[PDB]
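Pictured: Interleukin-1 beta, co-complexed with canakinumab.
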Amino acid sequence: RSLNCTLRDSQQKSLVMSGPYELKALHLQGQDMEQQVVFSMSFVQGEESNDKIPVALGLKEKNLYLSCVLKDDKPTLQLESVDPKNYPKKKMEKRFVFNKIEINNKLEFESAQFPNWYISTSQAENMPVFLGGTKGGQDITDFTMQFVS
Amino acid sequence: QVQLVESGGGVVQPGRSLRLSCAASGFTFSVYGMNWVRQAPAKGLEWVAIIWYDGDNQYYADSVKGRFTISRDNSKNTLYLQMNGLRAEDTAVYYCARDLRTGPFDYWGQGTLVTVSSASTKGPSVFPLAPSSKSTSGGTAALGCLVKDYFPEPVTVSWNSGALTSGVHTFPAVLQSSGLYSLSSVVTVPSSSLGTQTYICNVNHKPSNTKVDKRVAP
Amino acid sequence: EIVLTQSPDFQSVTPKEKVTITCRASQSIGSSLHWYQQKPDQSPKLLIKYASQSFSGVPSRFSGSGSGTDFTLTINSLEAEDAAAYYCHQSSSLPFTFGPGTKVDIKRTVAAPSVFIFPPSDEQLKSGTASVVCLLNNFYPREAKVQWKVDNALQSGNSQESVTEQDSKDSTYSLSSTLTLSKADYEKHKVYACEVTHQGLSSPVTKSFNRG
C-alpha cells in the first residue's frame, strides 16, 4: 500500500528539490506551491505500535528514496538512487525505514536505522532538509501531510 | 505571463568561446529551475544543462561537461550559458527552458542560433525568379527570389512587407561546400495582378547589415 | 545515461484517425516521461507531463499512457495542424535525455505538383554564375524525384534540393531544386529541363526552356 503526498513543516515551509540528491525547505506563495516535492509514502514491515508506524519515503517523480547513513560518523539524511523496478518493497532495507509518529495533529519521521534522530528543517529560509537529533529546540521535526489526488 | 527571451547567439570560431543569456519574466524566477536545451539544424532535441532555483547546484549533459557552464542571476532574472572549447558539433539553436519540479520543460524560449565555424560573414545576393510563361499554370503565376551565398543563418524573407502570405513557400536553406548558405522563397499569385501589383521580396540578413527589397518584375 | 527509443521515426496517418507513438526507456523511469510537440519554425511545447497528465492549454485529443519502461502518446481524431515532430523526455534521473523524435504526416488525397522552371536571372548572369530553379508546388505524398537534364544529359554533383515540412492547413509539401553552372558552361548548352516523377502525375512531366 502506497500514497502520494506533499509534506510541509510546522512553520508552513514547503519542501523543494535543490540538487540531484538535495531537498530544501522554504515558504512558497500561491501559484509557486506547484514546486513542492511529491513524496511516495509506502507502509513497510517492521516494529509496529500505537505511537509508531513504519514507512518508506520515495520521491515519486524521481528514482530516489530518503535514506539514513553515517557521514563523518554522524547520522545523515540522504537521497539514494534506486531501481524503480524493484521498489517499493514490503520488507524495506533499514536505512530507508522511518517511524511515522502522530504528535499534536502533526507528523514526525524518526529514523529506524538511528532512533531519536528525525527528518528536520531549519528555522531559516532555504536551508537543506536534514536528520536532526534534537526534539523541541532549534530544529523543526513536525510536519503536515497534504494528499495529491 | 511567462516569457523567456534568449540573446548572444552568433558566429564563433572552433576552439573559441561564446556567452548566451536568457531574460525571464511572468513568474517567480528565483523558485524555478532553468535549463538549456539544444537542437542542431534538421536534428532532434538534446538537454544541455540545468541550474536549480537558488543557483547553488548545476548538472550537465555528457556532451558539454567540462566545457560549458550554466549560471543565473536572480536579482536580474537572467539565465546564462558560458560555452568554451567549441567544436563544429555544437552548432545548434539553443533554447532557454523552465522546468516544473525538475521534471517537464513547461515553458520554452524562442531559441538562439550558435554557428561554430571558421567561415566569414557574407551578405546574400538577391536574384529575382521572374514570372514568365514557363512559370504560369492557367490563371496562376509563380515567382520568387533566390537568396544566394550568405553566411551565417538565418535570413528572414517576407513578401510585400508581410502583406502576402497565401501561396508563399520559403525553403529551408541548403549548406554549400564553400560554407555559404543558399535559399529560395516562392509565391503563386493570380496572373491578372502582374503589372498592377508590385511584388517585392523583403530579404533581411542582420549579421552582414544586408536589407534587400528586390522587385520581381514579369 | 537512460536511453530513450522512440517508435516510429515517421508515421503517415489518415485524418480523423488515431496516431500511436511509443517511447522506450533502457531503465525503469516510473512515471517521469514527458511529451513535446514541435511544429515547423516553432520552439517545442509541452503536451503531456508525468506520462498521463495533459498540460494547461493542451486539447483533450492528446493523451499519454505508460509506466516503467514503455510509454505511449496517442493523438485521437487527427487534424492537419498535428503534422509536426513529437519528442519524449525522461526526468527520473540525471542526465536528462530525449527520444530521437517522431514526424507525423497527415494522409490527404493525392495531389500532383504544379511544376515551374526559372532560368537564371540577368542579374546573376552579370556576376558570372547561372542558377536554374525547378519548383514543385503543393504536392502529396512527399515522395517526389527531380532530375536535371541539360541537352539530353543527366546532371550530377551540380544541384541541391530543399523540401518544406508538411503544410499545417492543406497537408501538402513543396520542393525547390537549384542547378548551378558557371556562366561559361551555361552558355555552351541550349535545352535546360527538370524531369519530375510523382504519383499525382499520369506520366513523368518535363518542364524545359531554350536558353535563346
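Every chain is numbered from 1, with letters handed out A, B, ... down the list of sequences.
Taking every copy into account, the model assigns canakinumab to chains B and C. Of the listed residues A/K24, A/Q35, A/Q29, the one with more heavy-atom pairs under 4.5 angstrom with chain B (canakinumab) than any other is A/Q35. Per-residue heavy-atom pair counts under 4.5 Å with chain A were compared for B/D56, B/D99, B/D54, and the maximum is reached by B/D54.
At a 4.5 Å heavy-atom cutoff, the contact between B/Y32 and chain A is made by backbone and side-chain atoms alike. The PDB lists the organism for chain A as Homo sapiens. Residue A/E34 touches chain B (canakinumab) through both its backbone and its side chain, counting heavy-atom pairs closer than 4.5 Å.
When heavy-atom pairs below 4.5 Å with chain A are counted for each chain of canakinumab (chains B and C), the highest count is for chain B. The part of A/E22 that comes within reach of chain B (canakinumab) is its side chain, from C-beta onward, which places non-hydrogen atoms under 4.5 angstrom from that chain. The residues of chain A lying within 4.5 Å of canakinumab (chains B and C), heavy atom to heavy atom, are A/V16, A/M17, A/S18, A/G19, A/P20, A/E22, A/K24, A/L26, A/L28, A/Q31, A/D32, A/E34, A/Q35, A/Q36, A/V38, A/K60, A/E61, A/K62, A/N63, A/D83, A/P84, A/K85, A/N126.
Using 4.5 Å as the heavy-atom limit, the residues of canakinumab (chains B and C) facing chain A are B/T28, B/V31, B/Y32, B/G33, B/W52, B/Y53, B/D54, B/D56, B/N57, B/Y59, B/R98, B/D99, B/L100, B/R101, B/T102, C/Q27, C/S28, C/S31, C/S32, C/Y50, C/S91, C/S92, C/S93, C/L94, C/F96.
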